[PDB]
A.B. asks: 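Before anything else, here's the structure in question.
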Protein chains: 2
Amino acid sequence: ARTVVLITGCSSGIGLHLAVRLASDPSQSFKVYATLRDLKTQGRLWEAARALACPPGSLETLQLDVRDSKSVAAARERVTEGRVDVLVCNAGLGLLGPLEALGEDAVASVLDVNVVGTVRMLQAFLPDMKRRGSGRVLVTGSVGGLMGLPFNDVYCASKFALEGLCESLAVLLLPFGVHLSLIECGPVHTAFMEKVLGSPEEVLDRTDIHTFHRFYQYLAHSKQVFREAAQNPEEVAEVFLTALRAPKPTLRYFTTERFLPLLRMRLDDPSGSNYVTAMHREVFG
Amino acid sequence: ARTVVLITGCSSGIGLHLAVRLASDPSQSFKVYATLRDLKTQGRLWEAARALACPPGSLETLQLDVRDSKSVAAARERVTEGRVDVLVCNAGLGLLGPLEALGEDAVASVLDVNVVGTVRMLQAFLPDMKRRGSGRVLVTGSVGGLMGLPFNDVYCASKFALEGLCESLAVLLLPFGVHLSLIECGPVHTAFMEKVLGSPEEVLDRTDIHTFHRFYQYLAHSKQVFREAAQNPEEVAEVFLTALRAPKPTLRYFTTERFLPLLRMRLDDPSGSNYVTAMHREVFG
Ligand SMILES: NC(=O)c1ccc[n+]([C@@H]2O[C@H](COP(=O)([O-])OP(=O)(O)OC[C@H]3O[C@@H](n4cnc5c(N)ncnc54)[C@H](OP(=O)(O)O)[C@@H]3O)[C@@H](O)[C@H]2O)c1
Ligand SMILES: NC(=O)c1ccc[n+]([C@@H]2O[C@H](COP(=O)([O-])OP(=O)(O)OC[C@H]3O[C@@H](n4cnc5c(N)ncnc54)[C@H](OP(=O)(O)O)[C@@H]3O)[C@@H](O)[C@H]2O)c1
Ligand SMILES: C[C@]12CC[C@@H]3c4ccc(O)cc4CC[C@H]3[C@@H]1CC[C@@H]2O
Ligand SMILES: C[C@]12CC[C@@H]3c4ccc(O)cc4CC[C@H]3[C@@H]1CC[C@@H]2O
């Protein structure tokens, strides 16, 4: 159908549920290109798509690895319509542990995927939206890009980076009639975390005993935050559709109002210490 | 002298003036290791140091390239005292132009220096401060890390990343008695900008005519913002000393109160659109 939507990172979580929520839409107005780093993992996407009854042709899958600009351009070339009306930059990776225990590859990967990957997506797809004078870009955001979290130093570094990247682009884009919005998400049940790490044996080798202990405490605490605040990817998908529907989309959309008070205490105390003291008390006690 | 201070990026600007402001301090309590990417450029540092009368031994220069962990560890090994009381992460690069005109090397460099470089500094020097139960880390910040600026997409991406990185570390660090603060700076007369770019011929080749035109407009506008708001590096150095003096340093220190209203409109309108509309009007008219 008429609105062409291209989504990154659709093998699971937000991306997967958003592709099927769009392709199974009552109005049948979306033509979805669900992109995945590795096409062989598309099984779960179709199982969900078939549970929602997506009309043949409403959903097509492509291989798109955000670390490779040749993969990104190849995917763009497979959009048969020759246009993308809604570009959703969703692919992302986590990175957890003491800063000193993180290796150079892991740090570099996180920045390459979460930041440079988005830049690649935007360089390949913004030109044509500017030429056409229209387009929507939706970026999966995180409360981790709005407030720092202990033992997520590089991950927060990467999520804050998208905030800077998208805000800077948004200031330029108004006059071109291209809208950019971030969908700010808290914890989401998606297996994002399941790969965020483990291996206490190796970690203890890379840091001191006190840091290690504080790490275990952070891990106990995020086990409760996840049970307390994870949302399901279906709920998050609805926030994207809210954004793609608005005639004049705002820069930010929040999927929960839950972390706002905490967010407000970084501003109402500009020195930023109130936040630091409050987050240390919530995490470590 | 007694407080050992190690500073990155001292061939010019903030780093240069901060090293000499500390080594020429009346109390003569600072022993400064002024680090530079390339030792052969140390001329300007000494000229200023000799204009301020720094006692022999108050200032030592080392080579330290933040993109190389071997250079970073080698520099740490030359601290004869075996300790660093104040670590100042100042090295940084700019990147300007239409997002689509930026090459992969340039983007990668900016992130490698501004973000990963700080991570390298922190991995090499935090362990010993945690072991000792004391230390101050001061990071040169930017209003560009707090609000997005058109045509500085990757630069803002990198400066926001430091915000995330330092806030996340700050939450962990309290209990270790190690303080981390960011020194938020606006435009500074330092030649940072002088290398931020030019070459309209090559740029026009990489983007569309409308974007190009908007770029020229941004360039006219930053010529006035720089004359209107640049501060001198001596003024910025005093803010670092304010931070290193406080018995309980806050996470953020601002060198000007000038951009706060703008900063406040990103929060008081959480959708973040008020800011986007206001920044577009200030830059493009
Ligand atoms: N999960 C949370 O609690 C949470 C909270 C806030 C924000 N977010 C954000 O939500 C987004 C979606 O993640 P999720 O929570 O749904 O986790 P997820 O279930 O692990 O899904 C992330 C997707 O990104 C893909 N991806 C990873 N590397 C890629 C690459 N190089 N090229 C293309 N795609 C790649 C993954 O594919 P593969 O499976 O093949 O690797 C997967 O399809 C991320 O940007 C993110 O960080 C998540
Ligand atoms: N200038 C502004 O208007 C402004 C505004 C806000 C924030 N800041 C920030 O202020 C900091 C200091 O910059 P500045 O304004 O003083 O500009 P600058 O005069 O160009 O000084 C930056 C210094 O960083 C060094 N550097 C660059 N790459 C390095 C590397 N790979 N390893 C070690 N050192 C390296 C440069 O050395 P080389 O000369 O050899 O390259 C130079 O000594 C930066 O983090 C920054 O982005 C500046
Ligand atoms: C930033 C994340 C969402 C917000 C989460 C949060 C939010 C508030 C809080 O007090 C603790 C945590 C712990 C884990 C955080 C997450 C780590 C991954 C995710 O992106
Ligand atoms: C972010 C910077 C400081 C703040 C500057 C600013 C701040 C406010 C504003 O309205 C325009 C500009 C243009 C250039 C910006 C700068 C680019 C380099 C510097 O780091």
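Chain lettering follows the listing: the opening sequence line is A, and each later line takes the next letter. Sequence positions for chain A are given in the PDB entry numbering; the residues included correspond to 1-285, in order. Note that chain B is numbered according to the PDB entry, with residues 1-285 shown in order. Just follow the structure's listing: the first ligand is 1, and inside any ligand the first atom is 1. What you see below is based on every heavy atom in this structure, not just the backbone, and it leaves out hydrogens, waters and symmetry mates.
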A.B. asks: So at ligand 3, which of avadomide, vorinostat, estradiol, flurbiprofen is it?
C.D. replies: estradiol
A.B. asks: What is estradiol (ligand 3) bound to in this structure, taking the chain with the most contacts and naming it as in UniProt?
C.D. replies: 17-beta-hydroxysteroid dehydrogenase type 1
A.B. asks: Give the letters of all other chains with a heavy atom closer than 4.0 Å to estradiol (ligand 3).
C.D. replies: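 Heavy-atom neighbours of estradiol (ligand 3): A.
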A.B. asks: Which of the atoms in estradiol (ligand 3), numbered in the order shown and given with their element, are less than 4.0 Å from a heavy-atom of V143(A)?
C.D. replies: 3 (C), 4 (C)
A.B. asks: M147(A) heavy atoms, cut-off 4.0 Å: which estradiol (ligand 3) atoms fall inside?
C.D. replies: 7 (C), 8 (C)
A.B. asks: Any non-hydrogen atom of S142(A) lying under 4.0 Å from estradiol (ligand 3)?
C.D. replies: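 So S142(A) counts as touching estradiol (ligand 3).
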A.B. asks: Could you check which UniProt substrate-binding residues of chain A come within less than 4.0 Å of estradiol (ligand 3), heavy atoms only?
C.D. replies: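 A heavy atom under 4.0 Å occurs in these UniProt residues: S142(A).
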A.B. asks: Could you tell me which atoms of estradiol (ligand 3), counted from 1 in the order shown, lie closer than 4.0 angstrom to a heavy atom of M279(A)?
C.D. replies: 9 (C), 10 (O), 11 (C)
A.B. asks: Any idea which of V188(A), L149(A), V171(B) brings a heavy atom closest to atom 15 (C) of estradiol (ligand 3)?
C.D. replies: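 Looking at heavy atoms only, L149(A) sits closest to atom 15 (C) of estradiol (ligand 3).
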A.B. asks: With a cut-off of 4.0 Å, which atoms of estradiol (ligand 3) are near a heavy atom of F259(A)?
C.D. replies: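 Going through estradiol (ligand 3) atom by atom, the ones under 4.0 Å from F259(A) are 7 (C), 8 (C).
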A.B. asks: In this entry, what is the source organism recorded for chain A?
C.D. replies: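 The PDB gives the source of chain A as Homo sapiens.
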A.B. asks: Using heavy atoms only, pick out the UniProt active-site residue of chain A nearest to estradiol (ligand 3) and give the distance to 1 Å.
C.D. replies: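 The nearest UniProt active-site residue, by heavy atoms, is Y155(A), 2 Å.
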A.B. asks: Below the 3.5 angstrom mark, is there an N/O of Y155(A), backbone or side chain, next to an N/O of estradiol (ligand 3)?
C.D. replies: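 Yes.
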A.B. asks: Mind telling me which other ligands or ions are less than 4.0 Å from estradiol (ligand 3)?
C.D. replies: ligand 1 (NADP nicotinamide-adenine-dinucleotide phosphate)
A.B. asks: Considering only heavy atoms, does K159(A) approach estradiol (ligand 3) within less than 4.0 Å through its side chain, its backbone, both, or neither?
C.D. replies: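 It is neither; nothing of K159(A) touches estradiol (ligand 3).
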A.B. asks: For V283(A), which part has a heavy atom under 4.0 Å from estradiol (ligand 3): side chain, backbone, both, or neither?
C.D. replies: neither
A.B. asks: Just jot down the estradiol (ligand 3) atoms closer than 4.0 angstrom to any heavy atom of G144(A), in number order.
C.D. replies: 1 (C)
A.B. asks: Which residues form the binding site of estradiol (ligand 3) (heavy atoms under 4.0 Å)?
C.D. replies: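 Heavy-atom neighbours of estradiol (ligand 3): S142(A), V143(A), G144(A), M147(A), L149(A), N152(A), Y155(A), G186(A), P187(A), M193(A), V225(A), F259(A), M279(A), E282(A).
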A.B. asks: Using a 3.5 Å cut-off on N/O to N/O, what pairs does estradiol (ligand 3) make with the protein? A line per pair would be great.
C.D. replies:
| from | atom 1 | to | atom 2 | distance (Å) |
| --- | --- | --- | --- | --- |
| estradiol (ligand 3) | 20 (O) | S142(A) | OG | 3.1 |
| estradiol (ligand 3) | 20 (O) | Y155(A) | OH | 2.4 |

